[PDB]
> 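Drug: lopinavir | Macromolecule: protease.
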Number of protein chains: 2
Amino acid sequence: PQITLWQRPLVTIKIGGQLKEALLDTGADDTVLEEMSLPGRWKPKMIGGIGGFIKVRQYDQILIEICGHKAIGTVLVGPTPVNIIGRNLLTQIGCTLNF
Amino acid sequence: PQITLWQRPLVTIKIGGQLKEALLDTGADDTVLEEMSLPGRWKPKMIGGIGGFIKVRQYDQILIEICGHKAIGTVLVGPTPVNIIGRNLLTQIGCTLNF
Ligand SMILES: Cc1cccc(C)c1OCC(=O)N[C@@H](Cc1ccccc1)[C@@H](O)C[C@H](Cc1ccccc1)NC(=O)[C@H](C(C)C)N1CCCNC1=O
């Protein structure tokens, strides 16, 4: 679908048998989600945003269902203020910026 | 122009008689540019990010020619790693998220 930006591009995703709301972020290289229970092994990692860095856990091969569309990629779990759909996932669902 | 997301969507902007490159961030309510000099006056303001809060100077009525498109709005300047064109401006140039 088409999304104007007069409001935050929030959409509903399905992950780990759970439902959430993630922001479609072209400004994000990766995908980071609020602390949640996820099965499988992970790997420590650090990402640097505007306010600084945060200690997140790196999950590979995690299936996410963005607004219906199913995709699988690397999901980061940490102390983020909002759920973020980064370009690693956005390019799988074919999201494009236009104007 | 249609922009895919395989790489960070960098756009060439022109502000204060200066040329720069800014990221089209759909996950940014406002626009924050790196440290630079500007004519108008400002007002201390802080914004929440991923790793914490930074203090920026606010400016209203700032002309910005985003990739051949002239728009005007509130710009913020501070300790931001990259230049960011948020939604307060993206809408002015009819930028749409699509998939
Ligand atoms: C939310 C907001 C309100 C008012 C004004 C502004 C500028 C606002 O946005 C601030 C902000 O942190 N926005 C983020 C999403 C956001 C909204 C609300 C709360 C917290 C975050 C996101 O869009 C952009 C920001 C840009 C960036 C900054 C420094 C270095 C590199 C990239 N991107 C990142 O942090 C990403 C993360 C998410 C994987 N990131 C970090 C590792 C390297 N690459 C990368 O892409």
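The chains are labelled alphabetically, A first, in the order the sequence lines are listed. Chain A residue numbers are taken from the PDB entry; in order, the displayed residues are 1-99. By the numbers in the PDB entry, the shown part of chain B spans 1-99. When a ligand or atom number is given, it counts from 1 through the structure's own listing order. Below, each value reflects all heavy atoms present in this structure, side chains not excepted, and no hydrogens, waters or symmetry copies.
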> State which other chains have a non-hydrogen atom nearer than 4.0 Å to lopinavir.
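Other chains in heavy-atom contact: A, B.
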> If you draw a 4.0 Å sphere around every atom of lopinavir, which residues of other chains have a heavy atom inside it?
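Sure - by heavy atoms, that gives A/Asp25, A/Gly27, A/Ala28, A/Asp29, A/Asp30, A/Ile47, A/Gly48, A/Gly49, A/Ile50, A/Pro81, A/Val82, A/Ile84, B/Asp25, B/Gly27, B/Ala28, B/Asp29, B/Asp30, B/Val32, B/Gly49, B/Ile50, B/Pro81.
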